[PDB]
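Here we have a structure that includes PF-06463922.
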Amino acid sequence: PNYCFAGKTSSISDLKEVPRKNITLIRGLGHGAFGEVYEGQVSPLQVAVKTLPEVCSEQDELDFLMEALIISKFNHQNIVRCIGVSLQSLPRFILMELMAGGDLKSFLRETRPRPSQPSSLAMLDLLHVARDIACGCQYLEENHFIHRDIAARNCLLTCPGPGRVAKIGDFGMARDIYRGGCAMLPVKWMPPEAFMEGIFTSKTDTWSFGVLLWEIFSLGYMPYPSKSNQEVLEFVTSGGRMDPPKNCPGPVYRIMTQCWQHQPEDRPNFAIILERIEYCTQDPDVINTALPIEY
Ligand SMILES: C[C@H]1Oc2cc(cnc2N)-c2c(nn(C)c2C#N)CN(C)C(=O)c2ccc(F)cc21
C-alpha cells in the first residue's frame, strides 16, 4: 500500500524502522479509546509513542501504517515530527516528537488565568498559538493536503511555558478519507458545503481554523455552547455564527467571521489569515487587552 503526497510516492519501506531494543517506555500520557500513547526514549532521544493494539483488524493495521506514512512525509516546523516507527515488533509503534505541553484544548482549560495565577496567559500567547497553527495550515494548503479536522484537540504544544510552539499533531480524519459515522463527525468544525454535499477544499480548513480561533480565544470552551451537533448544523446553514469569546478583541473576532463566510470563495486562504494574525499582534490595543480571570 502506497502513499502519495506532493509529487512523491512512498511505501512502508520508506519509514524509518527503529530497533525495538532501542525503545523504552517511560509513562502513559493519557491513553485514548483505541491505542495508547506513552512518553518514551530512543537510544537519549525523547519521544511520544503511539501504539497499535495487538488485538486489531487488518483494516486497523492498514490505518496505522497509513498514519505513519502521512506524518513521516510532512516537513514543517508546525507539524509534529515522526522520529520513526517500530512495525516489525508487536505491539507496533509510531514514534513522534514529544510535545510536553500536551494538547491545546487541555492546555487552554488548565492554563486559564485564575486569581492565584492571574498572569498565566496573555493575548499575545494566544495569537502566537494561532499563528503557529495557521503556518502549519498554510503548509498543508500549499501542498494540497486537506486536514478536515482542524481543532484544538488535534494540536500540541512543545512545552507549557513561555517559549511554547503549537503544532498540528493528529491526522486521523485525513487518514480515514485517504483510505466512521455521523455521530463521530466534527460537525461543529465543518462548513455548510462540507456536511451537506461532502465537498472538501482547503477552504474547508479555513472554516475549521475559524472555529479553532474561537476555541483559542475562549480559552478552551466547546464551540457553540449548549448546542448539539444537529442544532449547530441547522444554525450554521441558516447563517448563524458564534458570538465573540469573552473579551475577544474586535480585530481577532473579524478573522473568525471571515473564516466563516458562507461561500468558500469569500473565505481567506491561510496566507491572508497569517497576514491578519500578524497585524493583530502588532496592534497595542489588541495585545494589551486583558483576558478574563476565571473565579
Ligand atoms: C498521539 C499523541 O501525540 C503526542 C501527545 C503528547 C505529546 N506529544 C505527542 N506527539 C501529550 C498529550 N498529553 N500529554 C501530557 C503529552 C505529553 N507529553 C496529548 N495526548 C495524550 C494525545 O494522545 C495526543 C493528542 C493530540 C494529538 F494531536 C496527538 C496526541
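The PDB entry numbering applies to chain A: residues 1094-1136, 1144-1279, 1286-1401, in that order. Any value given below was found using the heavy atoms of this structure, including those in side chains, with hydrogens, waters and symmetry copies removed. In listed order, ligands and their atoms are each counted from 1.
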Provide the name in the PDB entry for the chain that contacts PF-06463922 most. ALK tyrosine kinase receptor
Which residues from other chains neighbour PF-06463922 at a non-hydrogen distance under 4.0 Å? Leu1122, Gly1123, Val1130, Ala1148, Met1196, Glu1197, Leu1198, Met1199, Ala1200, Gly1202, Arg1253, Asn1254, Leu1256, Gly1269, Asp1270
In terms of atom number and element, which parts of PF-06463922 are under 4.0 angstrom from non-hydrogen atoms of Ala1200? 18 (N)
Which residue owns the protein heavy atom closest to atom 9 (C) of PF-06463922, what's the atom, and how far is it? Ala1148 CB, 3.4 Å
Just jot down the PF-06463922 atoms closer than 4.0 angstrom to any heavy atom of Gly1202, in number order. 11 (C), 12 (C), 13 (N), 14 (N), 16 (C)
Just wondering - which UniProt-listed active-site residue of chain A is nearest to PF-06463922, and at what heavy-atom distance (1 Å precision)? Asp1249, 9 Å
Got an N/O contact under 3.5 Å between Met1199 and PF-06463922? yes
If you map the residues of chain A that touch PF-06463922 onto UniProt domains, which domain comes out on top? Protein kinase
List every atom of PF-06463922 that sits less than 4.0 Å from any heavy atom of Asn1254, numbering the atoms from 1 in the order shown and giving each element. 28 (F)
Residue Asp1270 vicinity, atoms of PF-06463922 by number, heavy atom under 4.0 Å: 28 (F)
Enumerate residues in chain A that UniProt marks as binding ATP and that sit less than 4.0 Å from PF-06463922 by heavy atoms. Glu1197, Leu1198, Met1199, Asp1270
Sub-4.0 Å atoms of PF-06463922 with respect to non-hydrogen atoms of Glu1197: 8 (N), 9 (C), 10 (N)
Any atoms of PF-06463922 less than 4.0 Å from a non-hydrogen atom of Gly1123? List them with their elements. 21 (C)
Top protein contact for atom 15 (C) of PF-06463922, by heavy-atom distance: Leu1122 O, 4.1 Å
Write out the residue and atom name of the closest protein heavy atom to atom 28 (F) of PF-06463922, then the distance separating them to 0.1 Å. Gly1269 C, 3.0 Å
State the atoms of PF-06463922, each with its element, that fall below the 4.0 Å cut-off from a heavy-atom position in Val1130. 23 (O)
Suppose we measure from atom 4 (C) of PF-06463922 to each protein heavy atom; which comes out shortest, and what is that distance? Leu1256 CD1, 3.7 Å
Checking a contact table here: which protein heavy atom is nearest atom 26 (C) of PF-06463922, and how many Å away? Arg1253 O, 3.3 Å
Between PF-06463922 and the protein, give all atom pairs where both partners are nitrogen or oxygen and the distance is under 3.5 Å, as lines of names plus distance to 0.1 Å.
from: PF-06463922; atom 1: 8 (N); to: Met1199; atom 2: N; distance (Å): 2.9
from: PF-06463922; atom 1: 10 (N); to: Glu1197; atom 2: O; distance (Å): 2.9

